[PDB]
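First the proteins, then the strands, lettered A, B, ... as listed; each starts at 1. First listed ligand is number 1; within each ligand, the first listed atom is number 1. Heads up, header says this was done by X-ray crystallography, 2.2 Å.
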Amino acid sequence: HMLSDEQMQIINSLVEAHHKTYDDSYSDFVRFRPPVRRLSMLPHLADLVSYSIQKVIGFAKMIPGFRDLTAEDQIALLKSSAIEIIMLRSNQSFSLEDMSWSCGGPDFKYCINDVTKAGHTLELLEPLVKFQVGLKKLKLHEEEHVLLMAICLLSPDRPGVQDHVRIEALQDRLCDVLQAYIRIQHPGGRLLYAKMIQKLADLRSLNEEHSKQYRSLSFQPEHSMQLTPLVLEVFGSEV
Amino acid sequence: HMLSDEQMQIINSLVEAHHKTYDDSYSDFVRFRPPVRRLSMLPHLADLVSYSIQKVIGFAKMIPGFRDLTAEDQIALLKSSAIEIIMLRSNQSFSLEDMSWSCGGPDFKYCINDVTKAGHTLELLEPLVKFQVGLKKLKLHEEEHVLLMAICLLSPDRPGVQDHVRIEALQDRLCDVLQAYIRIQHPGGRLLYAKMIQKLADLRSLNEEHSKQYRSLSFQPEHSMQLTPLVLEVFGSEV
Amino acid sequence: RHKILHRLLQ
Amino acid sequence: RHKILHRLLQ
Ligand SMILES: C=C1/C(=C\C=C2/CCC[C@]3(C)[C@@H]([C@H](C)CCCC(C)(C)O)CC[C@@H]23)C[C@@H](O)C[C@@H]1O
Ligand SMILES: C=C1/C(=C\C=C2/CCC[C@]3(C)[C@@H]([C@H](C)CCCC(C)(C)O)CC[C@@H]23)C[C@@H](O)C[C@@H]1O
């Protein structure tokens, strides 16, 4: 068959939303506290994540149907998915060659080791990089990548969600677009869809592990004082 | 006459405390979010103030008698004086020639204008620079400068103070040392002391004005999100 | 309260 | 609570 106008318009909105919230040159990274190789990398990565959350929020407000949700559900969705949306969008900077996120010269190239200096362990980093590698290999089209982020963000299976019925529906309409798109516009993408949903499950586990490690980092004021207000608000338990 | 051993030991402790909490090269400033010429300078100045508070705290813990106070009174004293201790120690970087705080190349030289881009008005900056100029002209000895900071920090006239009797006494012993020192070690310093106390009063007004302007900056989340946890904690009203 | 998230979500 | 000030004051 072939996509519908509404389906195609949703794709247009998401692709443009992402273009408007993701710089492939990473020129803003110089405004971040410099990276440094106890948790010497925490200041830079905190600023990177904080900047990124702001971007995820901008992209979110442009997901069709999201802004109609109550402010409470928007926040519930952002708070629980932010970390996953970030791991997803970061894949654009990940490189299978050097197994790192390359965003600049020697300074903005992030290795597993560097994240270790932000207070995280292999318990998290191993699966993360493993996830980044698997996702990169799916050679997603920008359209499928942007849909995967909108779909992940509209997971009604998040703590604190209220109108989990309307959220459920919205995620479904997006899932429909992604499925149609793959079938119609992506040759050899017969299994793709199923693989992409599997990626959402890996994100849940990564999310869980990150939350544990973040909690510890969070309870130590000497470390929490290195984070930013926004990061503290989005990853905090005060709901 | 001549200073006593105890009096001289207090001077030794304060001078060394200050040396251990104030770098005249300002090499740490590169770890701060870069300055930028809506409130483009706020990120850098927030980091500068946050870094400075940490330093004021280090110096404070070394003021003789301060650490014996209850944690509650230590916090009460820090929270209400921090801003003043900062304006005082900043005089070391202020220059009458260019009417600015010079801490680095073109980047770390702060003019009234730059502070304007941090959300502050002439209502504050005018008296500040005026204060910096007057204080610089007193050509204080490092010993008198360090005493003036310890004395300002131990002002029992601060909201939230409890044991205002012991604090009162401590400030008095320091005032005694400063007075003796000026008389004994500072030629032509007959009026000095009186002038230094007058400076403490100017600081109260500067403190008040800064508090007003900070409150406004503080209530706007788009701006408060640019501050740091420590700055938010020390200048916040949650006591 | 989520002061920041609220403001950013416009 | 002053979590940070407390910790820094040791
Ligand atoms: C951000 C983005 C980028 C990379 C993501 C990375 C590499 C460094 C370490 C990160 C930030 C992981 C860390 C486990 C998260 C640590 C955060 C904290 C210290 C608060 O717990 C998650 C995703 C990783 C760069 C660019 O792709 C934009 C994207 O948007
Ligand atoms: C810090 C230090 C220095 C300068 C102080 C300045 C210059 C820039 C503007 C400041 C930081 C004034 C601002 C009114 C305060 C703004 C803070 C905020 C935005 C939170 O409301 C107060 C003192 C001024 C450099 C060095 O002397 C160390 C010292 O320790």
Task: Drug identity - ligand 2 - done: calcitriol
Task: Top contact chain of calcitriol (ligand 2) - most pairs under 4.5 Å, the PDB entry - done: Vitamin D receptor
Task: Chains contacting calcitriol (ligand 2) (heavy atom, under 4.0 Å) - done: B
TODO: Find all residues with any heavy atom less than 4.0 Å from an atom of calcitriol (ligand 2).
DONE: B/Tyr22, B/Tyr26, B/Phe29, B/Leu42, B/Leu45, B/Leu48, B/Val49, B/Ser52, B/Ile86, B/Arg89, B/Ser90, B/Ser93, B/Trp101, B/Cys103, B/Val115, B/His120, B/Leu124, B/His210, B/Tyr214, B/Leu217
Task: Closest protein heavy atom (residue, atom, distance) for atom 7 (C) of calcitriol (ligand 2) - done: B/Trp101 CD2, 3.4 Å
Task: atom 29 (C) of calcitriol (ligand 2): nearest protein contact (heavy atom, Å) - done: B/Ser52 OG, 3.7 Å
- [ ] Tell me which UniProt domain of chain B holds most of the residues near calcitriol (ligand 2).
- [x] NR LBD
Task: atom 3 (C) of calcitriol (ligand 2) [closest protein heavy-atom partner, distance rounded to 0.1 Å] - done: B/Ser90 CB, 3.8 Å
Task: Shortest protein contact, atom 12 (C) of calcitriol (ligand 2) (heavy atom only) - done: B/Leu128 CD1, 4.0 Å
Open item on the list: Students should be able to answer this: which protein heavy-atom is nearest to atom 14 (C) of calcitriol (ligand 2), and at what distance?
Closed with: B/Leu124 CD2, 3.7 Å
TODO: Measure the distance from atom 18 (C) of calcitriol (ligand 2) to every protein heavy atom, then report the residue, atom name and distance (to 0.1 Å) of the closest one.
DONE: B/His120 NE2, 3.7 Å
- [ ] Starting from atom 11 (C) of calcitriol (ligand 2), locate the nearest protein heavy atom and write down its residue, its atom name and how far away it is, to 0.1 Å.
- [x] B/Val49 CG2, 3.8 Å
Open item on the list: Which residue and atom name correspond to the protein heavy atom nearest atom 23 (C) of calcitriol (ligand 2), and how close is it?
Closed with: B/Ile86 CG2, 4.0 Å
- [ ] Tell me which UniProt calcitriol-binding residues in chain B have a heavy atom less than 4.0 Å from calcitriol (ligand 2).
- [x] B/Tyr22, B/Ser52, B/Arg89, B/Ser93, B/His120, B/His210
